[PDB]
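Each remark here refers to the structure printed beneath this line.
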Amino acid sequence: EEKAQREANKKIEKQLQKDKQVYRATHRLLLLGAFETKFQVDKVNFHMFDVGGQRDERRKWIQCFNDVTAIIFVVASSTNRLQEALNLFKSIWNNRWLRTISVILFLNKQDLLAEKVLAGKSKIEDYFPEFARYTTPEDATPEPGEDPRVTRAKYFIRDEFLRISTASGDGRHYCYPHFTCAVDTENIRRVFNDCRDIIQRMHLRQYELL
Amino acid sequence: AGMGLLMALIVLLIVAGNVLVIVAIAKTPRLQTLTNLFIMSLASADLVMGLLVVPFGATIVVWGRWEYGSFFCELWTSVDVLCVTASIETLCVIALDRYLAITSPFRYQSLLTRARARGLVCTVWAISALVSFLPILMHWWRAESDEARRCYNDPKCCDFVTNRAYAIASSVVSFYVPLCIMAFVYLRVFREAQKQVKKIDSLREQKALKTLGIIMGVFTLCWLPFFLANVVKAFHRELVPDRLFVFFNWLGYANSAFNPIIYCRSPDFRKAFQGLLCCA
Amino acid sequence: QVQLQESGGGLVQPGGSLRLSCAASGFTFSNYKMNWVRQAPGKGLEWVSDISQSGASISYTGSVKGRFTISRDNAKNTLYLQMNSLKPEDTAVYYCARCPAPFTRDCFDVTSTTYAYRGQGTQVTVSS
Amino acid sequence: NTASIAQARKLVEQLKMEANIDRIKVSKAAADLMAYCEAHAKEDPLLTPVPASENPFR
Amino acid sequence: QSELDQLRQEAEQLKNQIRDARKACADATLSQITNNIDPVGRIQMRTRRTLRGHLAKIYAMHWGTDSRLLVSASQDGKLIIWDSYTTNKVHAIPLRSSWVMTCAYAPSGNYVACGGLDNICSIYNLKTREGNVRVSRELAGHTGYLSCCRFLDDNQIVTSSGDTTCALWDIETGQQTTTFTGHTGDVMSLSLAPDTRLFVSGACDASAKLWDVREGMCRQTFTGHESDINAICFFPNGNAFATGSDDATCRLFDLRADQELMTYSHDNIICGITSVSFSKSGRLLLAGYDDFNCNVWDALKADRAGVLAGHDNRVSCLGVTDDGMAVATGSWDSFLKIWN
Ligand SMILES: COC(=O)N[C@H](C(=O)N[C@@H](Cc1ccccc1)[C@@H](O)CN(Cc1ccc(-c2ccccn2)cc1)NC(=O)[C@@H](NC(=O)OC)C(C)(C)C)C(C)(C)C
Ligand SMILES: CNC[C@H](O)c1ccc(O)c(O)c1
């Protein structure tokens, strides 16, 4: 009778309680640019998912990705695959249902870029304008590395990505660029520091504080 | 009817805002979040205040004397202290929840749950009752002064004249410890918000000086004068006039209405508030 | 349907001028952001330029900025984008394509075919 | 190019198949639709408010 | 080459022929045919029950045959099966893949379906066990995300995918019997005609195609929408169907005239359409929008039958019971609301 239905509903809700606990504990992440990956860092659940198994038509399955903590956007710093990443990032930032998702931007293949920029192989100035009118910013940390020419182009791609980030997304959007291509195992750590700030900034706005 | 309008207004605003908050959270499941359960505790405490102590305090002020009996006076005083300490400790709990959510986001998400929120509100109400109810019916508050002696025996005297030990211990454990805890947690939250000035764009920087000051401003401007008087009275009674003591008490009652106006400014609240105030 | 017939093109010597006009039918022109996509032989589809509904928000691919300009006539339901100082590297099959959703500031247009809101394009060759 | 021409040929065959189809007058179809709607209007428990006794959701 | 050129020319000639044939069959319009009928007027529907218990946004829903039980699919990874009359849970199914874009309820009331950004249609049987939920069969033959699935009777299920192709699946054999190819964009929604013989399918190419289950070849193509079609539902008679779209429009398409009969749009609506469904008599066409609400449209007068408020997040799924007693809508606020 109704007693059995009530007991079954109570048991289902009891299971859903633990399901709520686990779901709130786990933070989901999207890998876009290059199916499931769960990794533990400082004892907090993290869930990576790459959806490269679908077609290039992206406008209608990405509508399904809006509860994630961040969208991790990886680009190749080397057809013009750069503006294709730029235009994709524009779509992510300005989308109605992706308007509350931060992006952990990763500029991958920097070493491939670095080996590329040591001679006039494919000049960015002749490929992207306003390069000869752009210099490395004063508030920068070039660090000991290659010829200071590469870090000028290194920071130019990050700057161009950021102009899209700062042009919209009043408070629900924040971009977190990073310079990383070599496997060193601290990249996942860089995500933890980025995801911490995303939730922290989410709570600051939610309490009408930031 | 001077006090019949000046004091009838505050109790009405106390009840009008507070029940409007309580019905709003329960009606729409969007506001039934983790943090707003503490908002339910604050609203319930201010509502029982505005229904049990504020209206009777108004009569005790206008009529000039208590007219409900010694047992009713004792119960009214117990409800007064219970509601006041419950409201203050609920503010402290809300501040602690904000601190834990800001400075430890993942730990806050994976640590505090609905069961633990219920435990927290139950514990805070139990502590408020133990601090309020227990040492009153036991007459720990009764002073041994000649002036104090007359008021206890009189059936129309409901004046809170107390010994120094109670006037110090209750004051600290009711206001000063929560005030210090809230000040420290909100200072840490402000420093973290200021650390989040790394937003690269080359009242945004002063926004943290409006939200956090207003939480402390409403609390400090209204309840600090009362417990400052309750402390200066224990050492020497004649400095603070009896008129001022009642005057500062009503400032503390104002937070029962100033609290829904401060903690319910969220756009989710206003969307539910407009649909609740339609009255079609 | 959503037919988008493109015109212009052909063979033009480098350094000349040539104009593309794409006719729109089946949808309200004023409600849609439109953009041009080109595809050089062998290479994939590359976004050229986009223009907002009112013709205010206009952006170009870096390789074509300062040479091509894009303008739309909402009354005539046609989209124009001009050649100036052509180079041999711009030989491609230029397409006129529409943003999938009306009154939206973001697009997901460039796709390896299978995109209905794009015409059949006009072949442009710069060889002289 | 072979895939493109094959797809175009398939589209042409599909369009040719869709070309030769018997079509009824739009007025007749409208009449049939409105006739069905009017005939089954009594049984629809959304056009007219259901009595509270018969409604199982109240 | 020139071969593709004259092939495209022939295709254009055939398109012109189809257009002028459609125009020749346009002697009247639904507006003036319906004009004499009495307006339905204002219809007020109130939330009977709110179904809470899901974690993430609810993406799809489907009523049972008996108008008692509905299944809800959410991106949390759950397939909670509800009981509308007494607002409890019947079953709660944890999904192998966390993202589900579609769920179906078998007409026999014995099987349930799901699927999403995993390219597999998982079938869960609710009867044969001693009390449990287990994956009876997993259908993996799609190269794109599953967007909609519907059981035929008990063993055949048609799935619409983002792979630009629909497919008929034999559950017992776990094999793709027939495939439905001819679309251009991702197929989102398919609706089965009553007394199942043929089904429609609206995709991102702004075109809805009518497919024959046995033949496997589409009969007619209806291209009247400006943008992507996000939903489609069959009119109860079976000679018509209504299609939602991102063009802020719902259009009723007749099967026997191959034409759009009426356009349901208002100048105050900019948002797209998520789900559409007819009423029992077909008088009211219910449509869930991205304007946070679910507008109710009169299916003959093209007038606002009544504004239906509700969820604080976008509505994605909208369904009507077979007996037509109530209308259940699910949104991205993890809430299902029942209205009458
Ligand atoms: C559902 O109802 C509400 O949320 N009510 C809101 C409300 O009335 N909130 C008050 C809170 C308040 C009022 C009076 C005393 C204490 C607290 C706000 O009115 C407060 N504040 C006026 C105010 C200014 C200073 C102080 C103050 C300063 C020093 C010490 C103590 N208080 C108190 C209130 N108002 C402002 O100028 C802005 N908010 C704000 O100040 O908070 C960031 C608005 C505009 C966004 C409302 C509004 C109707 C304004 C939306
Ligand atoms: C007479 N009114 C009591 C006042 O509200 C009060 C509140 C808290 C205390 O700790 C206290 O000693 C007195």
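Every chain is numbered from 1, with letters handed out A, B, ... down the list of sequences. No hydrogens, no waters, no symmetry mates; every other heavy atom, side chains included, goes into these values. Atoms within a ligand are numbered from 1 in the order they appear, just like the ligands themselves.
The main binding partner of ligand 1 here is, in the terms of the PDB entry, Beta-1 adrenergic receptor. In this structure, the drug found at ligand 1 is atazanavir. Other chains with one or more heavy atoms under 4.0 Å from any atom of atazanavir: B. In the structure, the transmembrane segments of chain B that UniProt numbers from the N terminus and that bring a heavy atom under 4.0 Å from atazanavir are 6, 7.
Within the structure, no other ligand or ion under 4.0 Å from atazanavir is listed. Lab note: binding site of atazanavir, heavy atoms under 4.0 Å, is B:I214, B:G217, B:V218, B:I261, B:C264, B:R265, B:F273.
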